[PDB]
J.: 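I have a PDB entry of estradiol bound to Sex hormone-binding globulin; a few questions follow.
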There are 2 protein chains.
Amino acid sequence: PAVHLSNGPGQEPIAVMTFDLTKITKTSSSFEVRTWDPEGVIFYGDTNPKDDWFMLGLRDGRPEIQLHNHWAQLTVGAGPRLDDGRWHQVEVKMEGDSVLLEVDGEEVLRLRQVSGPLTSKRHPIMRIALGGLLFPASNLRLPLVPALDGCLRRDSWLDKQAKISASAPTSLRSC
Amino acid sequence: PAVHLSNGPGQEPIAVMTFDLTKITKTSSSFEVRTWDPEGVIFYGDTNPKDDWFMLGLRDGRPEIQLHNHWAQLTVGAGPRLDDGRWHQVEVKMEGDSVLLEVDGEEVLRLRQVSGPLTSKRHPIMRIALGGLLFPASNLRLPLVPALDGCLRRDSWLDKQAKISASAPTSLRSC
Ligand SMILES: C[C@]12CC[C@@H]3c4ccc(O)cc4CC[C@H]3[C@@H]1CC[C@@H]2O
Ligand SMILES: C[C@]12CC[C@@H]3c4ccc(O)cc4CC[C@H]3[C@@H]1CC[C@@H]2O
Ligand SMILES: [Ca+2]
Ligand SMILES: [Ca+2]
């Protein structure tokens, strides 16, 4: 079962989850995505939308990560185009001080020395938003148009042990 | 004709070129590299080894860029392993405010918003060192052992119009 990553004209995420970082052990997430859209947000995460935030999206068909925290601030593209209408496996892992991006079983990007441990963030509540940002797109380091006309399936985010809340799936729309 | 990227035990580059940035028009370089070595420096560049420097190397077989300037400071891995004993084409381009890395005809990395124009650097003299750094390896954001047991060929760096000086090829060693 797959869900649409955008619902209608709005830019809002289709879903938000929140996690207690004092209870994280697994610091990775995995999902499959399918789209013909070259630009948009796949997911956004933060502990503070002003001071500690992360965005995985597509620009010109390829993955783009933007992140802004006390240790690093960056806008980076990598990997193959994904806007070919095929399902693609994506894994985004925090390992040590690094963020790893794997696409279709291949590591395509490693941002080294970019974060302290999730355990120790100043604010111990992490949000993950699917298909949109939790601030205006103009707040990005490099704006894009967030709407991603795509589908998401087989998605797991950190683990249930850490999860405090998840948005109502009443609004989710099947693909 | 190919040359070795390391000569004996020392860490020093095998060659240094310097350029007048007031005369650059082409801001890209291209070469082929072949190695079985998973770690080392391919080339280093700077306008100031303290304040504005760039390194392309291999770590765990894959490209790594480190760069430190007024606008960005980063350590990033991307692309496939290159330590498979095959010749690989590499192109490193500055385009707008971005650095592009292309391997075997595929863009594998785009560092966006990382530099002002080469035209306008505070110091208008750029050095490019092949096979080594122009400071101690401990000065890197993330140290590696610089010696790269590999070969380089078909290399062009910016253009001759901009070049002020090039090291004596008396020390270069053929592969
Ligand atoms: C933990 C994840 C990778 C690392 C991400 C990160 C990494 C650094 C940072 O300062 C904030 C965030 C928030 C979102 C995190 C992501 C949410 C899911 C993904 O697996
Ligand atoms: C111009 C090159 C790409 C951009 C590199 C860069 C990029 C940003 C910066 O602040 C310094 C340097 C120095 C070395 C430059 C490289 C030397 C050859 C390569 O093509
Ligand atoms: Ca879009
Ligand atoms: Ca080596």
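Chains are named by letter, beginning with A, in the same order as the sequence lines. We number chain A the same way the PDB entry does; the residues here are 14-188, in that order. Throughout, chain B uses the PDB entry numbering, with the displayed residues spanning 14-188 in order. When a ligand or atom number is given, it counts from 1 through the structure's own listing order. All values below come from the heavy atoms of this structure, side chains included, with hydrogens, waters and symmetry mates left out.
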J.: Do you know where to find estradiol in this model, all copies counted?
T.: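 The relevant parts are ligands 1 and 2.
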J.: I'd like to know the other chains touching estradiol (ligand 1) at heavy-atom distances under 4.0 Å, if you can.
T.: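 Heavy-atom contacts come from A.
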J.: Show which residues surround estradiol (ligand 1) within 4.0 Å on heavy-atom distance.
T.: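 Sure - by heavy atoms, that gives A:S41, A:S42, A:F56, A:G58, A:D65, A:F67, A:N82, A:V105, A:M107, A:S128, A:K134, A:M139, A:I141, A:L171.
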J.: Return the residue, atom name and 0.1 Å-rounded distance of the protein heavy atom closest to atom 19 (C) of estradiol (ligand 1).
T.: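 Protein heavy atom at minimum distance: A:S42 OG, 3.6 Å.
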J.: Note the single closest protein heavy atom to atom 1 (C) of estradiol (ligand 1), along with its residue, its atom name and the distance in Å.
T.: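 Nearest neighbour among protein heavy atoms for atom 1 (C) of estradiol (ligand 1), to 0.1 Å: A:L171 CD2, 3.8 Å.
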J.: Counting contact residues of chain A for estradiol (ligand 1) domain by domain in UniProt, which domain has the most?
T.: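 The answer is UniProt domain Laminin G-like 1.
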J.: Quick one: does A:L131 get an N or O within less than 3.5 Å of an N or O on estradiol (ligand 1)?
T.: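 No, there is no polar N/O contact under 3.5 Å.
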J.: Would you mind running through estradiol (ligand 1) and noting each atom that sits below 4.0 Å from a heavy atom of A:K134?
T.: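 Reading through estradiol (ligand 1) atom by atom, the close ones are 9 (C), 10 (O).
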J.: Using a strict cut-off of 4.0 Å, indicate which atoms of estradiol (ligand 1) neighbour a heavy atom of A:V105.
T.: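 With A:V105 as reference, the close atoms of estradiol (ligand 1) come out as 3 (C), 19 (C), 20 (O).
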J.: Please give the species listed in the entry for chain A.
T.: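 The entry gives Homo sapiens.
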J.: If you measure every N/O of A:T40 against every N/O of estradiol (ligand 1), is any gap under 3.5 Å?
T.: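 A:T40 vs estradiol (ligand 1): no N/O contact under 3.5 Å.
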J.: Do me a favour and list the nearest non-hydrogen protein atom to atom 12 (C) of estradiol (ligand 1) with residue, atom name and distance?
T.: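 The closest heavy atom on the protein side is A:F67 CB, 3.6 Å.
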J.: Do any non-hydrogen protein atoms sit less than 4.0 Å from atom 4 (C) of estradiol (ligand 1)?
T.: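 Yes, there is one.
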J.: Using a plain distance cutoff, I'd like to know if A:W66 has any nitrogen or oxygen under 3.5 Å from a nitrogen or oxygen of estradiol (ligand 1).
T.: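 No; the residue has no nitrogen or oxygen that sits under 3.5 Å from a nitrogen or oxygen of the ligand.
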J.: Identify, by atom number and element, the atoms of estradiol (ligand 1) in contact range of A:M107, meaning under 4.0 Å from any of its heavy atoms.
T.: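 It comes down to these atoms of estradiol (ligand 1): 4 (C).
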J.: For atom 15 (C) of estradiol (ligand 1), what's the nearest protein heavy atom and its distance?
T.: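 Result: A:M139 SD, 4.1 Å.
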J.: What is the closest protein heavy atom to atom 8 (C) of estradiol (ligand 1), and at what distance does it sit?
T.: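 For atom 8 (C) of estradiol (ligand 1), the nearest protein heavy atom is A:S128 OG, 3.8 Å.
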J.: Tell me: protein heavy atom nearest atom 16 (C) of estradiol (ligand 1), and distance?
T.: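 The closest heavy atom on the protein side is A:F56 CE1, 4.1 Å.
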J.: Starting from atom 11 (C) of estradiol (ligand 1), locate the nearest protein heavy atom and write down its residue, its atom name and how far away it is, to 0.1 Å.
T.: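 Residue, atom and distance for the closest contact: A:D65 OD1, 3.5 Å.
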J.: Starting from atom 17 (C) of estradiol (ligand 1), what is the nearest protein heavy atom, named by residue and atom, and what distance separates them?
T.: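 Of the protein heavy atoms, A:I141 CD1, 3.6 Å lies nearest.
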J.: If the cut-off is 4.0 Å to any non-hydrogen atom of A:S41, which atoms of estradiol (ligand 1) fall inside it?
T.: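 Listed by number with element, the hits are 20 (O).
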J.: Can you check whether A:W170 has an N/O within less than 3.5 Å of an N/O in estradiol (ligand 1)?
T.: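 No - when backbone and side-chain N and O of A:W170 are compared with those of estradiol (ligand 1), no distance drops under 3.5 Å.
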J.: Quick one: table the atom pairs, estradiol (ligand 1) N or O against protein N or O, below 3.5 Å, distance rounded to 0.1 Å.
T.:
residue: estradiol (ligand 1); atom: 10 (O); partner: A:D65; partner atom: OD1; Å: 2.3
residue: estradiol (ligand 1); atom: 10 (O); partner: A:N82; partner atom: ND2; Å: 2.9
residue: estradiol (ligand 1); atom: 10 (O); partner: A:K134; partner atom: NZ; Å: 2.8
residue: estradiol (ligand 1); atom: 20 (O); partner: A:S42; partner atom: N; Å: 3.3
residue: estradiol (ligand 1); atom: 20 (O); partner: A:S42; partner atom: OG; Å: 2.9
residue: estradiol (ligand 1); atom: 20 (O); partner: A:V105; partner atom: O; Å: 2.8

